[PDB]
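Structure note - benzylpenicillin (bound form) present.
Numbering of chain A is taken from the PDB entry, so the residues present carry the numbers 39-678, in order. Heavy atoms only: backbone and side chains are in, while hydrogens, waters and symmetry mates are out. Order of listing sets the numbers, starting from 1, for every ligand and every atom in it.
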Amino acid sequence: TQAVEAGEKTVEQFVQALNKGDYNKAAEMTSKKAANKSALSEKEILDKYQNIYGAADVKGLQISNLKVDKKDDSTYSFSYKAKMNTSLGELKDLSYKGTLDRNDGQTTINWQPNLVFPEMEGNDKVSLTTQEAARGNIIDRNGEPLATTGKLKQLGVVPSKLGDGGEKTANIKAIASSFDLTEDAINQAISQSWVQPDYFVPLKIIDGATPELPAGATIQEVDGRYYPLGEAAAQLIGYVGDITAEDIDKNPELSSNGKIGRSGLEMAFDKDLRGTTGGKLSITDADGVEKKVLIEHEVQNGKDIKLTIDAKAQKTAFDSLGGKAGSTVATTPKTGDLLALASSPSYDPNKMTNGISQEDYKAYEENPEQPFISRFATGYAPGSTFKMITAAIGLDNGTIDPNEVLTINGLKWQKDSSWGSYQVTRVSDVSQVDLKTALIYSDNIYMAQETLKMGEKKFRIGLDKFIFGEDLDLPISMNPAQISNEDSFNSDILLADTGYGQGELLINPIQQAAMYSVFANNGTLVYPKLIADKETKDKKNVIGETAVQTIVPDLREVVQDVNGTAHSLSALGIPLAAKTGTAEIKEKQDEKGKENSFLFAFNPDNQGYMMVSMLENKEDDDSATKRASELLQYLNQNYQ
Ligand SMILES: *C(=O)[C@@H](NC(=O)Cc1ccccc1)[C@@H]1N[C@@H](C(=O)O)C(C)(C)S1
């Protein structure tokens, strides 16, 4: 029995080499090719495993219940159960047999064909048939398509039917001007190594009406992924790309001929959208007659996925950004339905999934405005909109008297001389400032003084009631919002700067809409929701209902008062409660400071909608407030 455990070592090493993909090392562990030993030579074992297991994409061989006994003086039979993963799913409970051999001191395996699959007999063969699964669709809250599959018109040229000289140059220029293409692009496409003169060289996926086709230009219909909104929802939806051999090596249940989501919801929901491949993996005898069916099941097309997004609101929010750096989040704050998740600038997902140029992708990747960023999921300093939270906390703990009038002289203020040359600044030199005036003019000095009077302890008690440090249950990659880098400010300056939303605060636009939902639910925070069929989740008693009834009327004056920072929104004539903001960041590139514009707004009458828009590294005189009129009209009209 001292050699039985040595044989179990070799059997465990044999299945480990098969599991590791090292078919040569597993073939070295066999004995001699005889009549009652190995049924094939060593190099022939490498080929049989590499051909069969490679055809079925066998990966992850796991064994169980190993029993090594004694049959003769030189024969030690063994048996075990095993399972493996193939391109058609998991192949379970496979009963393997065989024998072992040990002549001198080394123990080897008597290789037999049944060590590839249980029922193999000599010249038996393996067949695999597969059928691709159609990818599921991504639809909005009203069934409108966001990521679907349709017929695409592919433009291409046959180098033979172009010409020989001069006529070929003229026909290239005719196609170049008829479809907005570079003459260097056509000549570089038809001059690649794969191009034959009679081949169809694809050029561009045209989306509009088909123009007049010059000589050599033909258009073929191909089926592929299509995004009706395009740039307007590229960061959220994402794109699909060709599946590589490395993707198959990681997950053999993928379709080697299909597409895989590379970013956005296409990647986050890739398993539900891609479905399962159908087909049959069978063993045949030498005659090709089906012997045993190992795996067989029919194709299951991918599921559709309905989002809370409004396709009309998504396009309106994105176009309102005018192609500048920024983002916009629109919700129904009583339920959390994310109506829009726009990010700008953006990339073309249709061009991305239909083959993109190396320089076109380089332009996206090296654009300093970085269109690949999902800005609705990137943490920012919230700015002056965060004063709503600081005021609500000060009202709940009794620190802020809504009618107490602070006397503030000038535009700069500091606690005492220990602050050095640093001072909190404001923009409006208003002498008599209470809570309402502080919100109308957005007074940092008022909030900084109220935050310092409140103290870090009471401030964090109110802050910890929100969603700082929480992972939102959303299919979007994001980091939790943070109050500061550490659990303590350890600085009166940092405490005051946090008071008006300008410390180490990092809150992405989606998390901001979650925190700000308390002003539309009487102090109840409603978590955002992207999947339509999801259940509404909320947190009770985040802030007091009294604070809501005090701040929201003041937020109406931010729009209605003639000196309110959002007074331009009064032109709409709709019930609006808003709060603006402008944060300052230090971008060491140009060294001159950069500014982020912010806007929070919702309907205080029906609580039907709520939006949080922002501009990153805004241009002078540009703001989110001057861009929200069109989106506010649509949300007020359709969401009450
Ligand atoms: C909140 O964001 C506040 N911002 C500042 O104090 C910084 C700042 C940035 C640019 C110019 C001047 C001051 C206040 N709220 C913003 C706003 O609501 O847009 C103001 C610019 C009114 S100051």
- benzylpenicillin (bound form): main contacting chain per the PDB entry: Penicillin binding protein 5
- Binding site of benzylpenicillin (bound form): which residues fall under 4.0 Å, heavy atoms only? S422, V465, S480, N482, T603, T618, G619, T620, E622, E633
- Task: Around atom 7 (C) of benzylpenicillin (bound form), find the nearest protein heavy atom and jot down its residue, atom name and distance.
- Result: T620 O, 3.2 Å
- Query: Is there at least one pair of N or O atoms, one from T618 and one from benzylpenicillin (bound form), spaced under 3.5 Å apart?
  - Reply: yes
- Around atom 13 (C) of benzylpenicillin (bound form), find the nearest protein heavy atom and jot down its residue, atom name and distance. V465 CG1, 3.7 Å
- Item | Nitrogen or oxygen of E622 less than 3.5 angstrom from that of benzylpenicillin (bound form) | no
- With only distance considered, is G619 within less than 3.5 Å of benzylpenicillin (bound form) through an N or O on each side? yes
- Task: Using a strict 4.0 Å cut-off to heavy atoms of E633, name the atoms of benzylpenicillin (bound form) that fall inside it.
- Result: 10 (C)
- Query: Which atoms of benzylpenicillin (bound form) have any heavy atom of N482 under 4.0 Å away?
  - Reply: 3 (C), 4 (N), 5 (C), 6 (O)
- Could you tell me the residue and atom name of the protein heavy atom closest to atom 1 (C) of benzylpenicillin (bound form), and the distance to it rounded to 0.1 Å? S422 OG, 1.4 Å
- Looking at the deposited structure, to which atom of which residue is there a covalent bond from benzylpenicillin (bound form)? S422 OG
- Item | Protein residue, atom and distance nearest to atom 15 (N) of benzylpenicillin (bound form), heavy-atom basis | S480 OG, 2.9 Å
Extract all N/O-N/O pairs under 3.5 Å that connect benzylpenicillin (bound form) to the protein, and present each with both atom names and the distance rounded to 0.1 Å.
unit_1                        : atom_1 : unit_2 : atom_2 : d
benzylpenicillin (bound form) : 2 (O)  : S422   : N      : 3.0
benzylpenicillin (bound form) : 2 (O)  : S422   : OG     : 2.3
benzylpenicillin (bound form) : 2 (O)  : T620   : N      : 2.6
benzylpenicillin (bound form) : 2 (O)  : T620   : O      : 3.2
benzylpenicillin (bound form) : 4 (N)  : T620   : O      : 3.1
benzylpenicillin (bound form) : 6 (O)  : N482   : ND2    : 2.3
benzylpenicillin (bound form) : 15 (N) : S422   : OG     : 3.1
benzylpenicillin (bound form) : 15 (N) : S480   : OG     : 2.9
benzylpenicillin (bound form) : 18 (O) : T618   : OG1    : 2.5
benzylpenicillin (bound form) : 18 (O) : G619   : N      : 3.3
benzylpenicillin (bound form) : 19 (O) : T620   : OG1    : 2.6

